[PDB]
Visitor: 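Take a look at this one; I'll ask things after.
Just so it is clear: chains get the letters A, B, ... in the order the sequence lines come, proteins before strands, and each one is counted from 1. Reckoned from all heavy atoms, side chains included, excluding hydrogens, waters and symmetry mates. When a ligand or atom number is given, it counts from 1 through the structure's own listing order.
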Protein chains: 4
Amino acid sequence: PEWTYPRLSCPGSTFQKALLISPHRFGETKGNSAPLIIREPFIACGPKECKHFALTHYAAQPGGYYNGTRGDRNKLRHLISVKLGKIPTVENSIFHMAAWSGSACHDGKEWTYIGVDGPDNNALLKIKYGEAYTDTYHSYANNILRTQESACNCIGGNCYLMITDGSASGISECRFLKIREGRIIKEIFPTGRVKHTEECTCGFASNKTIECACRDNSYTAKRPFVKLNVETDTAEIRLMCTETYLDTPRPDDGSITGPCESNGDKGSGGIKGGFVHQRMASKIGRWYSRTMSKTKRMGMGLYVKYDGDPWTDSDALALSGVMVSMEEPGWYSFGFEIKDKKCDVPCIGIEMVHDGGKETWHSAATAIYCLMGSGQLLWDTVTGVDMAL
Amino acid sequence: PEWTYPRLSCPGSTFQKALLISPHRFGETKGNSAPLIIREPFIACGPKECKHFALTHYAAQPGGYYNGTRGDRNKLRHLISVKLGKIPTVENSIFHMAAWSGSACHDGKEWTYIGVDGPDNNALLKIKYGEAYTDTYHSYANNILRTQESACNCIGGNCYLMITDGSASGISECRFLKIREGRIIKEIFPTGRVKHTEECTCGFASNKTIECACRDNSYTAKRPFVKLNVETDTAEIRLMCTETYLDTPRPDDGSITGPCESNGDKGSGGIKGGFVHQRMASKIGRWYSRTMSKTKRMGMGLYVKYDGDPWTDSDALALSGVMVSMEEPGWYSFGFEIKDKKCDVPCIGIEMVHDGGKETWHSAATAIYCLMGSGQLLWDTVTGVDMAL
Amino acid sequence: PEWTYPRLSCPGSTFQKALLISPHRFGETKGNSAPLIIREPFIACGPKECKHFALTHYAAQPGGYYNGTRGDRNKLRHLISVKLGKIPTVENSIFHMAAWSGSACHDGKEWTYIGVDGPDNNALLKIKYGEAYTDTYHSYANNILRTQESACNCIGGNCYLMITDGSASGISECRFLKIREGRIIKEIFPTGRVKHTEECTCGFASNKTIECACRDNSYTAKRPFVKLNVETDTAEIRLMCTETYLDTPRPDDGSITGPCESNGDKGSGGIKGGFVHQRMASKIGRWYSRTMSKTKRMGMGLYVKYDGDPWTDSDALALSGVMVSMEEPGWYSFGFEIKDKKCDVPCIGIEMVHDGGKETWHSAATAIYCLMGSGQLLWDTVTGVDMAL
Amino acid sequence: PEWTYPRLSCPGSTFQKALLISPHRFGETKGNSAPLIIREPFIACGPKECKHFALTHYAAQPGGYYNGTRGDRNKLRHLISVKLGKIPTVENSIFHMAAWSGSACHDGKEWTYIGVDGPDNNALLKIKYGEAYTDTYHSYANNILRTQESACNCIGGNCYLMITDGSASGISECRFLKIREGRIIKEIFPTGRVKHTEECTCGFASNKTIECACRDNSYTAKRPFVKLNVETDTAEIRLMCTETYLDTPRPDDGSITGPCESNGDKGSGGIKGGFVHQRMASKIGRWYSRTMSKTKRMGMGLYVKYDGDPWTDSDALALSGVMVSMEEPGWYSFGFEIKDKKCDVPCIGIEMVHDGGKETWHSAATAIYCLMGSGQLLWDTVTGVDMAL
Ligand SMILES: *[C@@H]1O[C@H](CO)[C@@H](O[C@@H]2O[C@H](CO)[C@@H](O)[C@H](O)[C@H]2NC(C)=O)[C@H](O)[C@H]1NC(C)=O
Ligand SMILES: *[C@@H]1O[C@H](CO)[C@@H](O[C@@H]2O[C@H](CO)[C@@H](O)[C@H](O)[C@H]2NC(C)=O)[C@H](O)[C@H]1NC(C)=O
Ligand SMILES: *[C@@H]1O[C@H](CO)[C@@H](O[C@@H]2O[C@H](CO)[C@@H](O)[C@H](O)[C@H]2NC(C)=O)[C@H](O)[C@H]1NC(C)=O
Ligand SMILES: *[C@@H]1O[C@H](CO)[C@@H](O[C@@H]2O[C@H](CO)[C@@H](O)[C@H](O)[C@H]2NC(C)=O)[C@H](O)[C@H]1NC(C)=O
Ligand SMILES: CCC(CC)[C@H](NC(C)=O)[C@@H]1[C@H](O)[C@@H](C(=O)O)C[C@H]1NC(=N)N
Ligand SMILES: CCC(CC)[C@H](NC(C)=O)[C@@H]1[C@H](O)[C@@H](C(=O)O)C[C@H]1NC(=N)N
Ligand SMILES: CCC(CC)[C@H](NC(C)=O)[C@@H]1[C@H](O)[C@@H](C(=O)O)C[C@H]1NC(=N)N
Ligand SMILES: CCC(CC)[C@H](NC(C)=O)[C@@H]1[C@H](O)[C@@H](C(=O)O)C[C@H]1NC(=N)N
Ligand SMILES: [Ca+2]
Ligand SMILES: [Ca+2]
Ligand SMILES: [Ca+2]
Ligand SMILES: [Ca+2]
């Protein structure tokens, strides 16, 4: 089989609600099912199949191991998948590797799986190519080495991946790894605005360029925006100039005074953001998602911009529709691409966390919206879970 | 692999009881299983395999989410399948897409999946070709856009599908979509008696003609009868003339006074009806199913007519046997075709709803009868479920 | 792929304990599993794979549907399988068809499935070739038409199957059906001792002859013994002459006075018996199983005879070992053949029924012994189920 | 497909934590899962896939059959597998054969499965090639005939396996079987220090030599060390000379006075030990695991030695890291090899037994560490199970 490359996108001018995976709809005390407790879900597709990934706390609902499940990192957390459309339960799932931070992607021939574990002060990125554990990468700032929580991107067999290391409250200067058949064949050190880049959501703008919309957990509600040239293996990063700030928390739209590079206020904390390309013959569409609340992880709106340059564009993104209403959880979001026979379908996935605090179970549904047809986005997504059951 | 075409039917002159799928036989409080709560099941087959589809309420029995499950449309309802012969449970099932109205069919190369969701006033038909979301179609009468709840039909790669839009109590003028590799390549606007057509059950009479037996939810207990010419992509609709009225409710057989086109009385409400062709070298068999009760969704009898013209034939259909006795639920029914090595097996499927009102769970078994051998239909089907358990 | 033929058996001179499938070891009230309630298990293999068949009461343990489960025939009973080695549970199982009497076999290219249902006075044998329902056969004595409860046997694409019809207490004159790609291409009417033949266990003695060891439910504890010539499609039946009477109940060995054809006493009732061939270059081995108790369904011993003629041989069979001790249930038993790369492995399977009467659940484990190596049979099989749990 | 041969190992200089399979994390009373009760897990891989084997007590947690589950041998114990990464539950598992001692391995074309059962005084090794039961081997010392509890090793189609027979407290003189397409084509009788060899962990040092690190259950805390020449099918055994005694219990490192062959003290009892080769172009790495406690089955450290000769090397092994801390169970350990596209990944697996005595359930998690990247081993493995739940 042949290496995959980004293709022209399938025809379409709007996203529509596609699929909800709400495994805790079957988690009642009165029920008989074992959905896995998870967070940081993402989706990645090869030629034939999409897989729904997540980071489990290796516990189920109903169950006795709720405690710790609101936590980020421990020695039990694993990267798991199911084929997309299956409920990720104890039995349907496969456990790929120990991980408290993840990524995966298909290169046309095989699956690369990425999982970070280790102690906070010296963590370790591991790479699996199919069945074989294949390579590692070491902590360079000795402070919670970390990856995308979304799909890596492969072209001509060469798979690119964002990592970062550093204080979540401070300086976290990201790197990219060029990976081929599961082995690291180079490190790319971005230039430009590089002081804090987290959890990049990356995809192909063309055969020459990968672009990522990332999270600054410390200094700004603007998303750092990566442009990675895969011909030269060089990357530059600058803040998104759009007045439609995509992070949460954030201040009012347009309120960050001054030129594109201005950090502004209300920039502490953050959330991973969805971002996907629509590649047309002579026009590029960029689709983004952000929370409906400016302050809390509630709701998710979808946004679009055709052409321009996200580094210098001060104008608003166009609100394309409400995916998750203000009354429903809107947590992490991510882009991915489904492979049709002759073209690529852009989609956004949304993690809808069931959050009842540290004294209950802590897990998530995943909602999916994809480019399809014409017109306007029509319907929002609810999880339907009562956390008391 | 090659596109499929309708073939000559396998030899046979009677249907026989084939298979019951009664997932709630494993739904007891005292039990350990998770059958999905569903309705509107149907079956569709490719060359190798049949799939058993249904519209889930995304809830299981036993479970805490019974409430709403008697309802028709909500934001949780999804199109699901299992391979035919598997119990559609939480874990065996795959979730294809968000849908409160569905259809699917195989074209010889791949599966097309159809699901309608959206608000009642502006609903949306979505199309999936394998993994890829592929096209949409918009509400044209802004009143619960709707589809077959049974298999679409593909020939030479071209897959045809009935939709309708309009008041369930009033005018609902249906359309057909010609779909190819998941994309709509034309709309067909039927002529003739077109004031209310719902939930058509369609199949091939030949390589030139698709025929459908549909439901009039407002004006008549006679079934509107579609004839769609796939060479010219044109369709005409007229009422079935048979005295053996196939809808429920209905008046006594023969009691609708006057010529073929007369609407008659007791025509308010309705039920989707099974219908399948037996294609022979020089004779066509049409098999239909209708409820044993004239008024309630109880029982299911099978009926046949060889040759003639359902638009002008006033004679009775021949009662071929009792599939479901008067004492057992007989809800929706549908036709489909199993692909043998060299010929096609016609079958009727019957949805047997467990109905205990809005304050209990609301789901369904599926019974299957197929053409096989000679003689007379021998045995009826019971679900065996006690809804108190 | 090519049609299968019986081959020379793999080397070996003894059977050994191979595999127990005891699905009710996971059926506790305190447990979380759903093993299917079943009886009449058998096993059949193609080139790649063996399937473990049984007739379910469409109920699980734990569950609310125990009542009726001791019964032989009803409208819920179905033929199911799993790949051999899997626990036949609600979810692992596939439901092939409605059946209260069954058989299956692979012809090298595809699976033929056989299931009888219908009313007692007019029952119906149904045939499925892969997915397609394909043929039927009608009741000829209008009294519980019935089949093998073990594998049919295919050669050169032609699959042979024993059926019978008649009073279980009286005259039940069996027939054979020659089936090809799921269609009956002839009926064979045996000659000879034909007054009562039930539940034949059949296999290949050579490319020319199929042989069966059957049950007489009325007149004798000797097993009727079929020899079917597949070149001429003719069959003759005579009683087994061996003093080692293989039925249960039975009188003491050797106590049936007079010549081979003598019926003797203690012949009322019966049990289906295991029987398998070991085909060697210039010697034929016949392996049989019978209960350790002469009167009750307790224990199972394995027996062998090389060469001779079972119709005229008065000598004892050689006791080869105890498969199930006197203290464990020994119910139906059956032969089958596993396909190695170049040769065929003969095996006997034993149904070990959990019998606590009509007021508890009624189901069965399956024990498997196969030809393997040299020496002497070493270990017996226990089910390990406490029916109180 | 072609026979497999040992290849050059994938690049790497350290092991890292890869994967935990902790099926009892889903075994709570309050939960809905059925993990199998097991012990003696091991892993074996073919070209495409790794399988996770174990010896079940044919019981689940939660369940009613805990009693006996601390025991070594009974008539219910079976060899089971799942694909590596799946939770071995009642439904995910396949049951290969009755066994209370096991082994498996892939030869490039098919799976060989090994299982010993029988009475203690006359036990029986059985061999399965795919589906077919294929050969047996008899007890030669009439005292619990036994095998590796880890993978056999195939080269050019020829698969080698260690067995032993004899008193666990006394003389147990092991043998090797050369097996080809499931049939024993020779016995190899080792020479040298042969008085007690148990549970050898074997792999390829090269195309010419298999090496094993075994357990002496009676006379020494030094591991007997096998070198098997596959060209000549001859084997010699001597004690490991290293001061880093790999058995448990053991005395202080270096305390066994005298030359390499000295037995020393604290040698009664034992544990099976992990051992895997790293084959380089002109250097051989040997990786071993031993318990952190000198006396109890607690913790697991990983060790390495490059080149030398384990029979004559008195020097210490290099401590490479702590896989399981002193506070966590460290029971059996084993080596295996994952097949990358062009090279072989060495790994160690560790059985982490949940031991609460004979009056609770007795089962095990499996931890996996593999060669991957550079540097130092970073993280230990905990099971996370509270046996009270
Ligand atoms: C990027 O490059 C790929 C690979 O070169 C392009 O895919 C080719 O597209 C043409 C049809 O336009 C096919 O005939 C070739 O078979 C494809 N090659 C491969 C290796 O798949 C793709 O069109 C390019 N994508 C862009 C420009 O967006
Ligand atoms: C409808 O058309 C199809 C396709 O042309 C017919 O199928 C052909 O049947 C002949 C044998 O009668 C085969 O040799 C061809 O291979 C078939 N073609 C294809 C593309 O499958 C089919 O017989 C027709 N069905 C009718 C008339 O009912
Ligand atoms: C019965 O007939 C079959 C089919 O003719 C025999 O199988 C053949 O065996 C030879 C080797 O002895 C192979 O070269 C052929 O390929 C086989 N043919 C087929 C169609 O499989 C088989 O040996 C015979 N069995 C007996 C005599 O017991
Ligand atoms: C052991 O022998 C095998 C088989 O001969 C060697 O595998 C060969 O390796 C070369 C490349 O180095 C390939 O071109 C061949 O296709 C391989 N042959 C087979 C049959 O796989 C292997 O390199 C040897 N392993 C060692 C020396 O460790
Ligand atoms: C402290 C660094 C954070 C990234 C900005 C942190 N990442 C990790 C790997 O711990 C994320 C953050 O704390 C949590 C969130 O914001 O939802 C999830 C959390 N992500 C994961 N648990 N994998
Ligand atoms: C109001 C329009 C009706 C069609 C005539 C209605 N269709 C939908 C899509 O809501 C059906 C009808 O109300 C119910 C029935 O008759 O059983 C099922 C119901 N079908 C579905 N829930 N999919
Ligand atoms: C009354 C005729 C009997 C055959 C001799 C009878 N067969 C059927 C099809 O009902 C069997 C017999 O009654 C029971 C037994 O002997 O175990 C099983 C039973 N077999 C099945 N339930 N399939
Ligand atoms: C008495 C001989 C022992 C080998 C040294 C013994 N082997 C068997 C087959 O019974 C092992 C030992 O008793 C137990 C242990 O040490 O953990 C496991 C146990 N292994 C198994 N139950 N398969
Ligand atoms: Ca921020
Ligand atoms: Ca009507
Ligand atoms: Ca008898
Ligand atoms: Ca020792």
Visitor: Return the drug name for ligand 5.
Guide: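 It's listed as peramivir.
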Visitor: Would you mind finding the main macromolecule in contact with peramivir (ligand 5) and telling me what it's called in the PDB entry?
Guide: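 Per the PDB entry, the chief partner is Neuraminidase.
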Visitor: Which other chains are in heavy-atom contact (under 4.0 Å) with peramivir (ligand 5)?
Guide: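 Other chains, by heavy atom: A.
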Visitor: Report the organism recorded for chain A in the deposit.
Guide: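 Per the entry, it comes from Influenza B virus.
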Visitor: Any protein heavy atom under 4.0 Å from atom 3 (C) of peramivir (ligand 5)?
Guide: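 Answer no: nothing from the protein, no heavy atom, is under 4.0 Å.
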Visitor: Nearest non-hydrogen atom to atom 7 (N) of peramivir (ligand 5) belongs to which of A/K272, A/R146, A/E40, A/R39?
Guide: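 Checking each option, the heavy atom nearest atom 7 (N) of peramivir (ligand 5) is found in A/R146.
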Visitor: Any idea which protein heavy atom is nearest atom 23 (N) of peramivir (ligand 5), and the distance to it?
Guide: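 Protein heavy atom with the smallest distance to atom 23 (N) of peramivir (ligand 5): A/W100 O, 2.8 Å.
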Visitor: Would you mind running through peramivir (ligand 5) and noting each atom that sits below 4.0 Å from a heavy atom of A/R77?
Guide: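 Answer for peramivir (ligand 5): 22 (N).
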Visitor: Run the numbers for me: atoms of peramivir (ligand 5), each under 4.0 Å from some heavy atom of A/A168, listed by number.
Guide: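 Checking each atom against A/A168, I get 1 (C), 2 (C).
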Visitor: Which peramivir (ligand 5) atoms, with their elements, are less than 4.0 angstrom from a heavy-atom of A/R73?
Guide: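 The list of qualifying atoms is 8 (C), 10 (O).
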Visitor: Which heavy atom of the protein is the closest neighbour of atom 6 (C) of peramivir (ligand 5), given with residue, atom name and distance?
Guide: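 Here the closest protein heavy atom is A/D72 OD2, 4.0 Å.
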Visitor: Among A/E351, A/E198, A/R297, A/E199, whose heavy atom sits nearest atom 16 (O) of peramivir (ligand 5)?
Guide: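 It is A/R297 that holds the nearest heavy atom.
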Visitor: If I apply the N/O under 3.5 Å rule, does A/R215 come out as touching peramivir (ligand 5)?
Guide: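 Yes, there is a polar N/O contact under 3.5 Å.
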Visitor: Which residue and atom name correspond to the protein heavy atom nearest atom 15 (C) of peramivir (ligand 5), and how close is it?
Guide: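 Going atom by atom, the protein heavy atom closest to atom 15 (C) of peramivir (ligand 5) ends up being A/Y332 OH, 2.9 Å.
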Visitor: Which residues and nucleotides contact peramivir (ligand 5) at a heavy-atom distance below 4.0 Å?
Guide: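 Counting heavy atoms, it is made of A/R39, A/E40, A/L55, A/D72, A/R73, A/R77, A/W100, A/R146, A/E149, A/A168, A/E198, A/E199, A/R215, A/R297, A/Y332.
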Visitor: Using a cut-off of under 3.5 Å, which N/O atoms of peramivir (ligand 5) pair up with protein N/O atoms, and what distance separates each pair?
Guide:
| from | atom 1 | to | atom 2 | distance (Å) |
| --- | --- | --- | --- | --- |
| peramivir (ligand 5) | 10 (O) | A/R73 | NH1 | 2.7 |
| peramivir (ligand 5) | 13 (O) | A/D72 | OD2 | 2.7 |
| peramivir (ligand 5) | 16 (O) | A/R215 | NH1 | 3.1 |
| peramivir (ligand 5) | 16 (O) | A/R215 | NH2 | 3.1 |
| peramivir (ligand 5) | 16 (O) | A/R297 | NH2 | 3.0 |
| peramivir (ligand 5) | 16 (O) | A/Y332 | OH | 3.0 |
| peramivir (ligand 5) | 17 (O) | A/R39 | NH1 | 2.9 |
| peramivir (ligand 5) | 17 (O) | A/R39 | NH2 | 3.2 |
| peramivir (ligand 5) | 17 (O) | A/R297 | NH1 | 2.9 |
| peramivir (ligand 5) | 17 (O) | A/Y332 | OH | 3.1 |
| peramivir (ligand 5) | 22 (N) | A/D72 | O | 3.1 |
| peramivir (ligand 5) | 22 (N) | A/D72 | OD1 | 3.0 |
| peramivir (ligand 5) | 22 (N) | A/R77 | NH1 | 3.2 |
| peramivir (ligand 5) | 23 (N) | A/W100 | O | 2.8 |
| peramivir (ligand 5) | 23 (N) | A/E149 | OE2 | 3.0 |

